[PDB]
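Here, avibactam is shown bound to Beta-lactamase.
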Amino acid sequence: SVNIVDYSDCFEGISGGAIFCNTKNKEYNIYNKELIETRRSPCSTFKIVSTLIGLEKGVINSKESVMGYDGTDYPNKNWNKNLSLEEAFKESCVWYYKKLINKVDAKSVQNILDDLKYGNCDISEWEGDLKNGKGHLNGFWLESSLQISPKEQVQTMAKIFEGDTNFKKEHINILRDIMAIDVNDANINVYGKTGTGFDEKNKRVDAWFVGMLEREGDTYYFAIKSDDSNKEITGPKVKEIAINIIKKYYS
Ligand SMILES: *C(=O)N1C[C@H](NOS(=O)(=O)O)CC[C@H]1C(N)=O
Ligand SMILES: NC(=O)[C@@H]1CC[C@@H]2CN1C(=O)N2OS(=O)(=O)O
């Protein structure tokens, strides 16, 4: 049962869409259907899947696992250390996940994305959008060849966390641990990841918050996405919109 809904009051004037789906009672709530079906770069939301790839291939093993920091200077304080999987995920540390993915052969990544139906599954621009000048701080998942819609994000999240993939339960639980967020409401468990990019072609942001909500037996998989032309709209801003929607409509 697909319900078209109006969450515009929570977007406080920012252009975007939201989809919340409960796979038990098959209830899909959609705000801005056209946007929810449009494929865009996942940006840092891809760290959800990249974490599972690294765990499955043995590049990392636990939420403590390290990737061998080499001393490179970065402006984010917390990137300048041999950080663990759990801290790299929470700090959205690009060098950690770039080094992780570059230890995996392209055919393995292709087959996993194909199995997950991860959007267009297009990893052809492996090294990413090099024309932005950021060099090694780039990859196929960051405003580059790989694109996925908010609906497809929710479908992927649901397949993973309902246990319908071949990923190990141990590895799923590590991901659950590191994605948990504190929304100052103990009656719901929220998990998610932000992402931020700028679509230079269309001059619009790609700002994301993707994840899941558990509340008293029911689970909702969700994706909130802005395509606003205002460059101040970031992943963290869209997460704030997402939490307001959760608190108002899913409590
Ligand atoms: C991922 O989207 N990115 C890595 C890092 N995290 O940003 S987030 O808070 O939106 O997750 C900085 C920006 C972005 C990128 N383009 O590298
Ligand atoms: N980024 C978060 O996790 C958000 C932002 C602030 C706190 C924790 N959280 C909330 O939902 N908060 O708001 S609060 O309930 O009004 O205190």
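Throughout, numbering of the chain's residues begins at 1 and tracks the sequence. Order of listing sets the numbers, starting from 1, for every ligand and every atom in it.
- Taking every instance into account, the structure holds avibactam at ligands 1 and 2.
- Counting only heavy atoms of the protein, atom 6 (C) of avibactam (ligand 2) lies nearest to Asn184 ND2, 4.7 Å.
- If you look at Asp182 next to avibactam (ligand 2), the close heavy atoms, those under 4.0 Å, all belong to the backbone.
- Distances from avibactam (ligand 2) to the non-hydrogen atoms of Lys239 include at least one value under 4.0 Å.
- Of all protein heavy atoms, the one lying nearest to atom 16 (O) of avibactam (ligand 2) is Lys247 NZ, 4.3 Å.
- The PDB records the source of chain A as Clostridioides difficile.
- Each of the following atoms of avibactam (ligand 2) lies closer than 4.0 Å to a heavy atom of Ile243: 2 (C), 4 (C), 11 (O).
- Other ligands and ions with any atom nearer than 4.0 Å to avibactam (ligand 2): none.
- The binding site of avibactam (ligand 2), defined by non-hydrogen atoms within 4.0 Å, is formed by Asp182, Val183, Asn184, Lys239, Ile243, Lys247.
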Could you give the N/O to N/O pairs under 3.5 Å linking avibactam (ligand 2) and the protein, each with its distance?
unit_1, atom_1, unit_2, atom_2, d
avibactam (ligand 2), 3 (O), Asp182, O, 2.8
avibactam (ligand 2), 11 (O), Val183, O, 3.3
avibactam (ligand 2), 11 (O), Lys247, NZ, 2.8
avibactam (ligand 2), 15 (O), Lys247, NZ, 2.7
avibactam (ligand 2), 17 (O), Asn184, ND2, 2.8

